[PDB]
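Remarks on the structure that follows.
We name chains A, B, ... by the order of the sequence lines, and we start the count at 1 in each one. Worth knowing before you read on, the calculation uses all heavy atoms, side chains too, and leaves out hydrogens, waters and symmetry mates. Just follow the structure's listing: the first ligand is 1, and inside any ligand the first atom is 1.
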Amino acid sequence: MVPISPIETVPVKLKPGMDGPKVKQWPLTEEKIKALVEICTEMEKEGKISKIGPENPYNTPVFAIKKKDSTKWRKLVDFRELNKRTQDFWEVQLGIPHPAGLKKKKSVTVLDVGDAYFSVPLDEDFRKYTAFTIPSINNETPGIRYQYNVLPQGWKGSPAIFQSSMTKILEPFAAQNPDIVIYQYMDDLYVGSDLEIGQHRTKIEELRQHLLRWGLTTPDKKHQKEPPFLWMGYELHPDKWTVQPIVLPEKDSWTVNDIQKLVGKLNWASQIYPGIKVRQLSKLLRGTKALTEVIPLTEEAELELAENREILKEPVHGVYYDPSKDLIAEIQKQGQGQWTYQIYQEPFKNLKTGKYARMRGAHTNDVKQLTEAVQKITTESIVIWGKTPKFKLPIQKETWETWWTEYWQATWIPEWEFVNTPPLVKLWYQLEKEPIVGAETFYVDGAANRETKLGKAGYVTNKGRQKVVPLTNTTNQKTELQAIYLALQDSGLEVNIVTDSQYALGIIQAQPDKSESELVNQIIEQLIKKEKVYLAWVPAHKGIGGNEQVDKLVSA
Amino acid sequence: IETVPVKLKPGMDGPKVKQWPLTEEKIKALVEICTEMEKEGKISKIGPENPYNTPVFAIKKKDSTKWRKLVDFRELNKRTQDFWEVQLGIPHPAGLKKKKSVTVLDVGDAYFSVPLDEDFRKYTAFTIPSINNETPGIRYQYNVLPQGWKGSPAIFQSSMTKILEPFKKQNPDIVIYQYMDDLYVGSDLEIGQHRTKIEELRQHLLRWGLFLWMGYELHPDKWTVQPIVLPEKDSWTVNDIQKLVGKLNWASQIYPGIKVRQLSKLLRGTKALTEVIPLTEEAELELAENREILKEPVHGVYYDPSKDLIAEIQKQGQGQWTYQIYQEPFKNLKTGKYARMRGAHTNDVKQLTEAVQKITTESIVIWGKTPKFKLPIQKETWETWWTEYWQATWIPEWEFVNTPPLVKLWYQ
Ligand SMILES: Cc1cc(/C=C/C#N)cc(C)c1Nc1ccnc(Nc2ccc(C#N)cc2)n1
Ligand SMILES: Cc1c(CO)cnn1-c1ccc(F)cc1
Ligand SMILES: Cc1c(CO)cnn1-c1ccc(F)cc1
Ligand SMILES: [Mg+2]
């Protein structure tokens with residue numbers, strides 16, 4: 001006997017106040033019972049389960065599932081109830097590596113750890129909660145009672161405990177062999193390196209020797225698995241990666257469910273294929289959510305789909321990360337609140353691509369969206385590469401400078417350079433800091449009846465220009481904007497506007513270039529045509545000249 | 001030896017808080033720091049049976065080549081029981097803000113000498129993430145009192161009093177205040193002499209068996225405030241008067257007797273914004289009466305220790321920021337303005353982060369607690385960048401303002 005190191009058990013508890021499962025065993029056909037008896041007899045010989053006395057109060061139901069085509073049964077213990085009562089664990093399998101952050105490897109070998117997969121010991125005090133019963137034939141004897149000595153498949157704690165146990169075993173090997181990488185997925189270990197293939201093979205044997213210390217055997221006959229690997233929806237190759245094949249179906253009719261799966265495919269593709277756009281296709285899913293409902297595609301959605309098909313015409317691959325080189329991120333504006341980006345090190349070789357969509361809100365502008373896109377790419381890049389890429393942005397340095405210095409919020413974007421690739425992001429209007437000498441002054445106001453929704457909007461000016469428009473289906477807030485629109489419409493290229501509307505000021509001070517409100521949009525269109533606009537606020541009803549006058553006119 | 005029993009609040013489980021993304025250089029710094037801490041027995045590796053997490057990062061202090069580990073215990077602190085245990089409470093010294101020099105020392109390293117209660121340790125769990133999650137995150141928990149945890153100064157307090165006993169007796173005029181990992185030491189002495197006493201205090205701690213060498217020099221006696229002031233002009237445009245009336249209207253919420261009637265009647269008729277309006281007698285008197293009102297403090301302003309402090313900040317442009325600290329609206333406990341530089345001439349977010357830290361410091365000195373901030377920034381912008389500029393060992397609460405305040409005008 002060669003002494004082996006025991007794998008240390010993880011102490012496990014039920015959630016506070018909760019007891020273990022007690023769940024009736026379903027009746028089973030005599031056929032299924034005999035198969036379970038045989039299966040458990042073998043499992044018991046291997047030390048995986050043990051027969052227990054009558055004193056154990058707990059139970060979890062056991063099933064016999066027939067493999068398709070097979071004459072051979074499989075045992076299924078349904079742990080759903082125990083899992084509800086089991087404590088939460090630290091789950092390390094969240095945070096999957098992104099292929100774009102991986103490093104190129106000369107060789108990647110796969111080892112089968114399945115022997116260990118079913119061999120990790122379960123905490124002795126917790127074992128009783130895993131009790132199950134094979135029903136006796138004819139119900140004429142007590143059922144055969146077992147409990148698990150090892151991590152049960154399907155139990156809540158098995159994946160985390162297996163991963164942590166394997167990690168602890170592998171740790172000294174990884175640490176003392178910096179020239180390889182080791183990754184654990186299910187019952188396989190993947191080992192890559194840049195070593196000469198002989199040396200690489202040596203490291204593999206050494207790893208096999210190291211695992212033997214715990215008595216974990218890796219099969220002599222080695223793995224069928226080779227690069228390329230199909231993993232988590234990707235294809236990993238030694239020098240490149242991509243997403244698994246993306247094929248968009250042909251249809252004369254589309255439903256909620258199909259458009260959902262279409263967008264999901266497009267979203268997945270967008271991390272490699274540049275320029276993917278989901279806006280119009282996503283819009284078809286607005287509200288609704290009756291899954292089998294057939295939605296007519298808009299012309300816009302058809303156009304977007306056709307554009308995506310062309311992008312997806314032939315395979316595209318990303319390269320891996322070279323830590324000795326800068327990361328560059330480039331962004332383009334696609335329209336309709338859509339942004340797209342590429343991250344690369346060498347020109348014309350992308351590590352990855354991606355997209356960003358405008359957040360839903362009443363009002364927005366291109367500069368804010370660009371800023372948001374930058375912060376998203378930054379965060380993603382910290383996750384994947386641990387550093388911020390240098391940005392190439394379709395906005396001039398002078399434009400950015402004017403924006404951030406005058407914007408009411410603190411705002412920042414990290415090191416970046418202008419790339420001239422239309423459409424460029426620009427400031428469509430900027431309001432004056434001081435009243436304009438020689439420009440006509442418009443005092444505006446509006447008011448609406450809360451019940452009838454009847455209202456008025458208008459202005460009076462220092463030149464005696466005046467207007468009041470009667471309105472229907474309007475609100476006080478809307479009339480305040482309506483009045484500002486009239487002042488813009490009727491004035492020359494330079495204008496001073498005085499309003500009492502905090503609402504209107506709040507919107508305009510937010511500097512939107514686009515809005516869900518048609519009124520705000522037409523106001524923006526007017527602002528764009530002016531040379532100079534000064535907007536002044538005064539409090540309402542204070543006796544302020546020209547504000548008093550127009551307030552009276554519009555109050556009916 | 002003999003840990004103080006610690007528990008969470010009734011009905012509360014431990015913090016589970018996601019670790020945010022860390023740069024390569026921060027991960028590397030944390031790996032080195034934690035390797036040593038583990039060797040010194042301060043922290044221990046933990047298993048999967050510990051679900052809890054608190055975020056960690058690292059900062060580089062002003063004038064230092066070395067990283068400092070910073071755990072963000074904000075969630076754990078909310079969930080931890082308050083401490084009445086031996087001590088009823090520390091009445092906050094009111095004289096601290098009256099000293100001519102207050103030096104801030106990082107004393108947090110002393111906490112590591114006290115073992116943490118065995119059953120509470122799991123709640124201190126934290127993770128060092130790996131780049132691109134290529135290797136499992138390194139999981140630790142504290143075996144001793146962690147820096148940044150509110151229970152630490154509470155539990156260490158008996159030891160600290162003992163350590164500082166000969167210094168207090170030798171120096172009765174010195175005001176020493178402890179907040180989290182910071183020790184605030186005031187004096188009215190000449191600064192060279194002040195600095196000597198500080199180093200004198202340092203040795204007391206050092207000889208006890210030890211970032212202590214540092215100090216942060218404040219002068220709270222010179223801290224100013226921003227009363228409401230009105231322009232003094234020889235000629236007023238229509239625009240000037242409208243701004244004045246607007247400002248006074250706003251002020252009249254804060255102050256009882258403000259009147260705009262006579263000033264507003266200067267605006268009679270509809271006039272060009274740039275036209276100069278001479279002031280009438282009635283308007284001039286009214287303006288004078290308003291000026292006098294504004295030289296008095298605000299009525300019914302009082303600090304309530306049972307209520308949160310709220311801090312609002314406005315960006316005034318050209319590296320200028322104004323702020324107000326209050327409990328109830330329009331009753332300001334403090335107002336202020338920073339024309340302060342500290343680099344960041346091209347970076348708004350660095351400036352804001354520095355402002356947040358300076359305001360929090362002021363709040364600690366004056367009331368002995370941190371304010372909840374209302375920050376004029378988008379959440380995503382703040383969260384992406386703030387940890388790059390953070391130099392403090394504590395962190396305050398914050399929320400985000402997405403609608404431009406009209407009142408920015410009048411603190412300007
Ligand atoms: C995450 C990961 C998944 C698999 C495999 C998962 C599966 N199935 C295999 C390995 C070795 C790793 N870990 C790492 C770590 C650093 N660089 C790399 N680069 C790298 C990995 C695979 C190929 C290939 N072919 C090329 C380069 N892999
Ligand atoms: C989400 C967050 C916080 C939480 O306030 C602090 N830093 N971060 C963060 C850190 C790195 C990033 F890239 C993006 C965000
Ligand atoms: C131009 C517009 C919209 C759409 O832009 C909504 N209301 N109004 C409007 C209608 C009449 C007005 F006098 C002023 C504004
Ligand atoms: Mg009105």
>> So out of rilpivirine, gatifloxacin, vorasidenib, what's the one at ligand 1?
In response: rilpivirine
>> Out of curiosity, which chain makes more contacts with rilpivirine than the others? Name from the PDB entry, please.
In response: Exoribonuclease H, p66 RT
> Using a heavy-atom cut-off of 4.0 Å, which other chains touch rilpivirine?
Replying inline: A, B
> Which chain residues come within 4.0 Å of rilpivirine, judged by heavy atoms?
Replying inline: A:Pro97, A:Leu102, A:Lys103, A:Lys105, A:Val108, A:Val181, A:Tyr183, A:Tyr190, A:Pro227, A:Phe229, A:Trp231, A:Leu236, A:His237, A:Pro238, A:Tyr320, B:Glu134
>> Which of the numbered atoms in rilpivirine are under 4.0 angstrom from any heavy atom belonging to A:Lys103?
In response: 17 (N), 18 (C), 19 (N), 20 (C), 27 (C)
>> Within rilpivirine, which atoms have a heavy atom of A:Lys105 less than 4.0 Å away?
In response: 17 (N), 19 (N), 20 (C), 27 (C)
>> I need the nearest protein heavy-atom contact for atom 15 (C) of rilpivirine: residue, atom name and distance, please.
In response: B:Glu134 OE1, 3.8 Å
>> Quick test: of every protein heavy atom, which one is nearest to atom 22 (C) of rilpivirine, and how far off is it to 0.1 Å?
In response: A:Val108 CG2, 4.0 Å
> Among protein heavy atoms, which sits nearest to atom 21 (C) of rilpivirine, and what does the distance come to when rounded to 0.1 Å?
Replying inline: A:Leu102 CD1, 4.1 Å
> Who's the nearest protein heavy-atom neighbour of atom 9 (C) of rilpivirine, and how far?
Replying inline: A:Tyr190 CB, 3.5 Å
> Going by the atom numbers of rilpivirine, which of them fall below 4.0 Å from some non-hydrogen atom of A:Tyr320?
Replying inline: 23 (C), 26 (C), 27 (C)
> Which other ligands or ions, listed by number and name, are under 4.0 Å from rilpivirine?
Replying inline: none
> What name appears alongside chain B in the PDB?
Replying inline: Gag-Pol polyprotein
Exercise answer, rilpivirine polar atom pairs (N/O) under 3.5 angstrom:
from        : atom 1 : to       : atom 2 : distance (Å)
rilpivirine : 8 (N)  : A:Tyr190 : OH     : 3.2
rilpivirine : 17 (N) : A:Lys103 : N      : 3.2
rilpivirine : 19 (N) : A:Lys103 : O      : 2.6
rilpivirine : 25 (N) : A:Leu236 : O      : 3.4
rilpivirine : 25 (N) : A:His237 : O      : 3.3
rilpivirine : 25 (N) : A:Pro238 : N      : 3.4

